[PDB]
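Pictured: Solute carrier family 22 member 6, co-complexed with olmesartan.
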Amino acid sequence: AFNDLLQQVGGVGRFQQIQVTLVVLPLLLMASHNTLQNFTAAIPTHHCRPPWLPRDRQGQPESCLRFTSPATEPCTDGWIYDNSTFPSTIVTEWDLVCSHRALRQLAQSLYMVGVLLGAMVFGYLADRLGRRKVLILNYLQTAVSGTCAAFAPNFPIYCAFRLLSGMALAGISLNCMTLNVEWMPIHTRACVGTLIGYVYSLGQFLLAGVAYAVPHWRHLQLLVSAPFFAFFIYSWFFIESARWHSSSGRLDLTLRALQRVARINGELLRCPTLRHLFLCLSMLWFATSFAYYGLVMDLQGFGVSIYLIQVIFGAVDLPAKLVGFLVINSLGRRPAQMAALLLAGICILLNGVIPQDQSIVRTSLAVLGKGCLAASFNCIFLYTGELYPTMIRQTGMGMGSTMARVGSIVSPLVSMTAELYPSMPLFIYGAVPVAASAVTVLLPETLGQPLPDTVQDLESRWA
Ligand SMILES: CCCc1nc(C(C)(C)O)c(C(=O)O)n1Cc1ccc(-c2ccccc2-c2nnn[nH]2)cc1
Ligand SMILES: [Cl-]
């Protein structure tokens, strides 16, 4: 087959290495954009501007009411914002405060809409028309759209321009895995799948470095999206996947692509047996994505600085993956997933009840929540591939992944309930994973058996 021909020129070689580094290099900035809203939309302290002010029950001045005389009158005028730590954010620029608390959460929602939208349209287009031709278009779109939001004068312009950047980013991530797996032989088709996560996790460190140097949100937003233009120049000289050319009936160009390598080197829901598994796998993607993005979106509530608390989050992943790796090879994929989920949900519940006065305890069970979900989010993907049959494994993983973003959409929407009850958002934020722990019990497979090529062995393995 094609696998022998790919290894005929030497398999992985000088041509192969130079292609892998270039495509995976922007993945460092890939994770920067997801949590960029955290630093850009930071909310500072503020008090009403007189043309003294009442204080709260804890001894702090109010933020929406002003003394009628030196009755109670709403803050018709603006407010003076702190400049000791945050020179300027979108809250300081546009009045997203008081009666407009929910507006800031809305900006994140449409960002999650853009990434969801880019999975369908671009995925459909990436097969009808050449694969690498989509990658160049996505690279150019994210460079122009990123810099336009840095100069948006009106709030509706900011939301609209951010949505277009979300569509471009989704296609970049999807095409990175598809293009690389085509030119990598099956004998080394798993090493790349582990390097991506390490590069994905290292993105959290880069955001901390740039945030300290550039406090201004207008300059910080520009800096993150600035290098993407540079990657567009290098992306011109790529090589299209040879497997796709033969599939569409374009073999005549396949030989030329192969020759250049040598010189350089030297329907799913149509059967009960699948609908039972799909429903069980459905709640696993949803629950994990719900809790994961519900803890990273806010980190200023705790008593530690935002910069320091971020670097702890980006380094706790390394112990998390090591523990999960040992349990996978010793106890099993299913026992690891269930144990992690029940432990993660319990940790979140205890955080809400515990008072915020003691910061040391508060950050102890807040870091553990991020670390636990990091291990679970890696277990689910590995188990998913082993379960689905080869006929629909490619479609099943994509369908399962395209719904994980649906959980990310709901995550900031539930945060609007803080207006009524401040602790209320934490109640649902940990209740869902615990109820999801009762889904893994009904899964009728485990690990240690040969992979199912056909559906005929699914019932045989059950009995
Ligand atoms: C750390 C974030 C996880 C995540 N976020 C998204 C959003 C931003 C909502 O799109 C998605 C998604 O596209 O569905 N995912 C899935 C994902 C799962 C595992 C991994 C992973 C982690 C460690 C090692 C390997 C992988 C991996 N396996 N397959 N692809 N990546 C990466 C991404
Ligand atoms: Cl993604």
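The first residue of the sequence shown is numbered 1, and numbering continues consecutively from there. Counting convention: from 1, in listed order, for ligands and their atoms alike.
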Which entities in the file belong to olmesartan, all copies counted? ligand 1
What source species is reported for chain A in this deposit? Homo sapiens
If you number the transmembrane segments of chain A the way UniProt does, from the N terminus, which of them put a heavy atom closer than 4.0 Å to olmesartan? 4, 5, 7, 10, 11
